[PDB]
S.K.: 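Looking at a complex of ceftriaxone and Beta-lactamase here.
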There are 4 protein chains.
Amino acid sequence: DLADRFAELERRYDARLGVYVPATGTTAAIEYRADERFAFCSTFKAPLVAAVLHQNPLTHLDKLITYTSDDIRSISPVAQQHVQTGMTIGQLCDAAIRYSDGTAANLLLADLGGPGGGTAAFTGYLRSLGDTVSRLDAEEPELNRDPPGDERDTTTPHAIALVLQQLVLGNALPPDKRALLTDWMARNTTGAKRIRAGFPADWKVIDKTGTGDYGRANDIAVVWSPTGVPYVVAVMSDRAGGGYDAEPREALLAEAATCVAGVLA
Amino acid sequence: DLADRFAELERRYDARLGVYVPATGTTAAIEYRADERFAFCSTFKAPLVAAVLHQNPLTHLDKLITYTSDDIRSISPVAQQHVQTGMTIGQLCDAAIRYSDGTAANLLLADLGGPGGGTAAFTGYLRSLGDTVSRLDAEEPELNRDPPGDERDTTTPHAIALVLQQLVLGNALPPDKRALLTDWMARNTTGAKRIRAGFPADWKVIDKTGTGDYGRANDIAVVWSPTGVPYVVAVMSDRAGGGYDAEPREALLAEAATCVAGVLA
Amino acid sequence: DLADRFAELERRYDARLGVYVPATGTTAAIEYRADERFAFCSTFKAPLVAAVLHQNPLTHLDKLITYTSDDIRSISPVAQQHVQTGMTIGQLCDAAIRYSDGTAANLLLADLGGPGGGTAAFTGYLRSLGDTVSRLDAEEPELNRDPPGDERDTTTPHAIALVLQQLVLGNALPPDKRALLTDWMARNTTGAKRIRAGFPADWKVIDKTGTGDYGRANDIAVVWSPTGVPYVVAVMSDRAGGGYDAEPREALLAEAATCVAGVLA
Amino acid sequence: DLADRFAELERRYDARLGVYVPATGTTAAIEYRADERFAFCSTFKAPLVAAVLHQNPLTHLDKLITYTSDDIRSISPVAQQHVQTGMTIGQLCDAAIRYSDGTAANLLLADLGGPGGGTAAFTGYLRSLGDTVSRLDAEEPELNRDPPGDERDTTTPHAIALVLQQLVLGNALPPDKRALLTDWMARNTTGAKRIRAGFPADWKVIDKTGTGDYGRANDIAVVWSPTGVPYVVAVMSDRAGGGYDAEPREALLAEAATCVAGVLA
Ligand SMILES: CO/N=C(/C(=O)N[C@@H]1C(=O)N2C(C(=O)O)=C(CSc3nc(=O)c(=O)[nH]n3C)CS[C@H]12)c1csc(N)n1
Ligand SMILES: CO/N=C(\C(=O)N[C@@H]1C(=O)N2C(C(=O)O)=C(CSc3nc(=O)c(=O)[nH]n3C)CS[C@H]12)c1csc(N)n1
Ligand SMILES: CO/N=C(\C(=O)N[C@@H]1C(=O)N2C(C(=O)O)=C(CSc3nc(=O)c(=O)[nH]n3C)CS[C@H]12)c1csc(N)n1
Ligand SMILES: CO/N=C(\C(=O)N[C@@H]1C(=O)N2C(C(=O)O)=C(CSc3nc(=O)c(=O)[nH]n3C)CS[C@H]12)c1csc(N)n1
């Protein structure tokens, strides 16, 4: 009956919807298109920050990174104001999560090092977490513009939910670094119209959004019930049949989240 | 499937839960003990105001009612501040809906006139709406104290939801009086932790609460989707197995509402 | 120059305005009718909670308080829904500050003990803080109704600011109790249209509001600059010349706060 | 008075600050080095779009401009994503205002035509607005690099504020083109930490930023009071004493804006 309502939303919004909520002790898993591939878009910036935190001590966050005007090749609301001043690693992590800063993600990818400007090392980090499906192949802004059917720069709701579960709820990160990642996502400024809009206000929601061409709109979140029980919610969508210029529908993710909230209440 | 989760809420909270959402063109009716009887408690105060509005011209709202300290019997946050000044019919209507003022409802019942302090005339008003099941037999605070199994001062989720549907969405009242009733319910101060707490913030919620002994906690609401689609939600509960002193559980109503929101999303 | 602009606000809004900001190391004191008396209204609920916290160990917050329908004499958005359940001292403190619950303040006054239902003991607590001007003489809701010129239930911007400074910035309370008082005021739900509205968003503002008859509208706040510099802001106003039914003007408090923010910038 | 606090900010941030707020019916002009010259930096891009709108019908917005990677020489977050596709004049206007795209400004200057890549024609356009002082002499990125004392690529807070006043509040443009310019500046992505950060959130702020060498940081804005009263605010700064590499300080402009908001309150 839940798949029937997801299918109605897919028809209402002319979209393909992917939802995954990992099973808990009390609740069964919610799976809609859990193993179909959807484009990361900016959702990769949350595990990216985890990759930077994982392989560096906390003192690395205070390292100052300098860059040029040539490095501003995508939507960079924070980095575009700090070409002359430079940006610390902590500010780049803060910027990548809370403002989805594209230049900040590229600098953090470079901070990981290796082939492809850090894209291979980020994929390797997901592999180390048990994610065998996901792959990052390009930097900003190219990774948002892969045509439908292309497996590059794609993940699945299943894979990204289990990744996010380990980062926030598991022990992929020590408690001090885990709290930083959680606080950045908790103070995100881009997800008000997605999973947060579909859950009651007394539920706590931390999230990282993704938006791209072909109507792509994603939101990955950890939510806590009023009783403090945590859940991982991955919602991914695109409108690829509507072409490159297809508009993303945030209301689709909000409605999908409301459906998920009904089963979790 | 939805009944399994309502019955799970009944089991979690040791309660009997009644839910009714009238069917629309797009949605099927939601029914969970929809025709079982539950005590009105203070939910009758919303149709009571409609009875007063329908029977009287608007100028009747300015009629001054004087009362003494002896007339205060139940929770009356407004009437207790106006013994010396008296209260206009409009103030009694405002107080009865928005603050669930018990003394205000008794004065409005008396304004209806007839046997039982207006309870026969109020019941007759429900009959004019097609509700042949519901009945009011006592005033505040006795109407909250009937033992389980007693049909007096009871309604059903089915009956009260259809009553509210006609008052707010239908044409039981002319538009000017309909707006007064609707705005009072929209600015209610007693329902923040019930149906309002179970719906996402971008859903508009107007409601009237009810609370009594035997763990009785009700909330009747009209809710509007983000796209402006209205739904009537009747949620009733009691915990009679815990005796007269059973405590109402507002969280039961919030969780039940979230389940309803999932089906309506 | 600043007093000329305070006087212009007084003329625009048909109001009497009181402002006090204690001097700091870098900034001089701001005073506009700083020692004239204004009605407390619900601003006393913040030092009231401080008196309860200071006089009792933290574990006292878990004591359950039971009350009756006769105790709901005032606007009590939280207490009115908990007659059957009771409320802990901690919940009453939360309700008194964040929802300005009138019954909760009366129950906390009773917890202080002594003559006048705690009004003498609360006043005595202010005396221990150096406040020789302020006085509480009635409970809710009477303390909001004193006519202009009556010194009862009045304070001054100077005195209430120095009280708030010691409670939040000083050592009137041990750090654990201080954090509870600060967090409650930080999550207050009643002050969005006053001092908070007059300061830039990157300034942190914690506040406790007061509103009454005779156009009375107060807001006492501790504000932190973007650089983390704290200031105490007390703004009090009434429109007593317009009578008992005079409407309070929240915009007066916001505009006055904006004037203060310019001098503190 | 107010000048004493601006000079305080000049000392705190080791900067030269220029402020101008045109007088209105209610307020007197605010002037602090209002007629001293400061470099345009990116602030000319707002009247630049007005020049392009003024000299052409709306259909000119749909003209496609093609360019190469060699034409990208400044911070160009949008133009670097459209080398292969090209961009319409309308997109160039959007990018120049909201993202301060340097390549977009050069293409729009070329669309104005004439010697110096359009700088003479843009200077002539300012003359048509009554601005006899300001001048643009170079393109991006050279216009940010003029040494102190050089009059090239300079304006004054007085002149540009009156220019902005005519473009947004006056009748320099027909209503449809004025609305496009207004909406573009309203949706700017570069000024969150400047004038916008210094005004309360309920003040509407549209702005155009400027940043260059020698610590140059400008922001020209139109702000609306909560009552809908508009004001033009020009805030310019440089820190030439710190050399070419002197860092701009955005907080200076936010603090100066807070000072302005206090007197406009
Ligand atoms: C005898 O009169 N008593 C009261 C009274 O109980 N006032 C209290 C007081 O100071 N309170 C405060 C608060 O903390 O400010 C508030 C918060 S102010 C407020 N009022 C609204 O109507 C609204 O929609 N939003 N907000 C934020 C509620 S009343 C209580 C009163 C209220 S208006 C009036 N003329 N009198
Ligand atoms: C080649 O890149 N194309 C992008 C792009 O830059 N994508 C990134 C991505 O996923 N980003 C995110 C985010 O984290 O969601 C965002 C936040 S989304 C957003 N923007 C608003 O202006 C707004 O008002 N609300 N919201 C929710 C910005 S783009 C970047 C794009 C943006 S819209 C579209 N059709 N394409
Ligand atoms: C919607 O519920 N939430 C509330 C709440 O209870 N609001 C109530 C509401 O509608 N209120 C009203 C009024 O009737 O206008 C008021 C006005 S009280 C009042 N006004 C007068 O003009 C007067 O002469 N006397 N008095 C006593 C304040 S809040 C309460 C709340 C309290 S604190 C907070 N953050 N929310
Ligand atoms: C006031 O600015 N605040 C921003 C911010 O920078 N918003 C920007 C804004 O207006 N944006 C826009 C757009 O141009 O429409 C977009 C879309 S950009 C885009 N659209 C397409 O259709 C497409 O094909 N490709 N791309 C790249 C998203 S946010 C950025 C912000 C970023 S995170 C946050 N909380 N705020």
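Letters go in sequence order (proteins before strands), and every chain restarts at 1. Side chains are part of it too, since the values below use all heavy atoms of this structure and drop only hydrogens, waters and symmetry mates. The way this entry was determined, per its header, is X-ray crystallography, 2.2 Å. In each ligand, atom 1 is the first atom listed, and ligand 1 is the first ligand listed.
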S.K.: I'd like to know the other chains touching ceftriaxone (ligand 4) at heavy-atom distances under 4.0 Å, if you can.
M.R.: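 Other chains in heavy-atom contact: A, D.
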S.K.: Does ceftriaxone (ligand 4) have a heavy atom under 4.0 Å from the side chain of A:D213, from its backbone, from both, or from neither?
M.R.: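 The part of A:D213 near ceftriaxone (ligand 4) is the side chain, not the backbone.
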S.K.: Give me the UniProt-annotated substrate-binding residues in chain D that sit with a heavy atom under 4.0 Å from ceftriaxone (ligand 4).
M.R.: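 Going by heavy atoms, UniProt's substrate residues within reach: none.
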S.K.: Would A:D101 count as a contact of ceftriaxone (ligand 4) if the rule is a heavy atom under 4.0 Å away?
M.R.: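 It does not, in that no heavy atom of A:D101 comes within the 4.0 Å cut-off of ceftriaxone (ligand 4).
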S.K.: Under 4.0 Å, heavy atoms only, figure out whether ceftriaxone (ligand 4) is touched by the backbone of A:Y214, its side chain, both or neither.
M.R.: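 Neither part.
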S.K.: Does D:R98 have a heavy atom less than 4.0 Å from any atom of ceftriaxone (ligand 4)?
M.R.: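 Right, D:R98 reaches ceftriaxone (ligand 4).
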S.K.: Protein heavy-atom contact under 4.0 Å for atom 19 (C) of ceftriaxone (ligand 4)?
M.R.: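 No, there is none.
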S.K.: Does the N or O separation between D:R187 and ceftriaxone (ligand 4) drop below 3.5 Å for any pair?
M.R.: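 N/O-N/O distance below 3.5 Å does not exist for this pair.
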S.K.: Protein heavy atoms: any of them under 4.0 Å from atom 9 (C) of ceftriaxone (ligand 4)?
M.R.: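 Yes, there is one.
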S.K.: Would you say atom 22 (O) of ceftriaxone (ligand 4) has a protein heavy atom nearer than 4.0 Å?
M.R.: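 No; the ligand atom in question lacks any protein heavy-atom contact below 4.0 Å.
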S.K.: Name the residues that contact ceftriaxone (ligand 4) at heavy-atom distances below 4.0 Å.
M.R.: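 At that heavy-atom cut-off, the site is A:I75, A:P77, A:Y99, A:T189, A:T190, A:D213, D:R98, D:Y99, D:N188, D:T189.
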S.K.: Would you mind listing each N/O atom of ceftriaxone (ligand 4) next to any protein N/O under 3.5 Å, plus the distance?
M.R.:
unit_1: ceftriaxone (ligand 4); atom_1: 10 (O); unit_2: D:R98; atom_2: NH1; d: 2.8
unit_1: ceftriaxone (ligand 4); atom_1: 11 (N); unit_2: D:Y99; atom_2: OH; d: 2.8
unit_1: ceftriaxone (ligand 4); atom_1: 14 (O); unit_2: D:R98; atom_2: NH2; d: 2.6
unit_1: ceftriaxone (ligand 4); atom_1: 14 (O); unit_2: D:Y99; atom_2: OH; d: 2.8
unit_1: ceftriaxone (ligand 4); atom_1: 24 (O); unit_2: A:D213; atom_2: OD1; d: 2.9
unit_1: ceftriaxone (ligand 4); atom_1: 35 (N); unit_2: A:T189; atom_2: O; d: 3.3
unit_1: ceftriaxone (ligand 4); atom_1: 35 (N); unit_2: A:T189; atom_2: OG1; d: 2.3

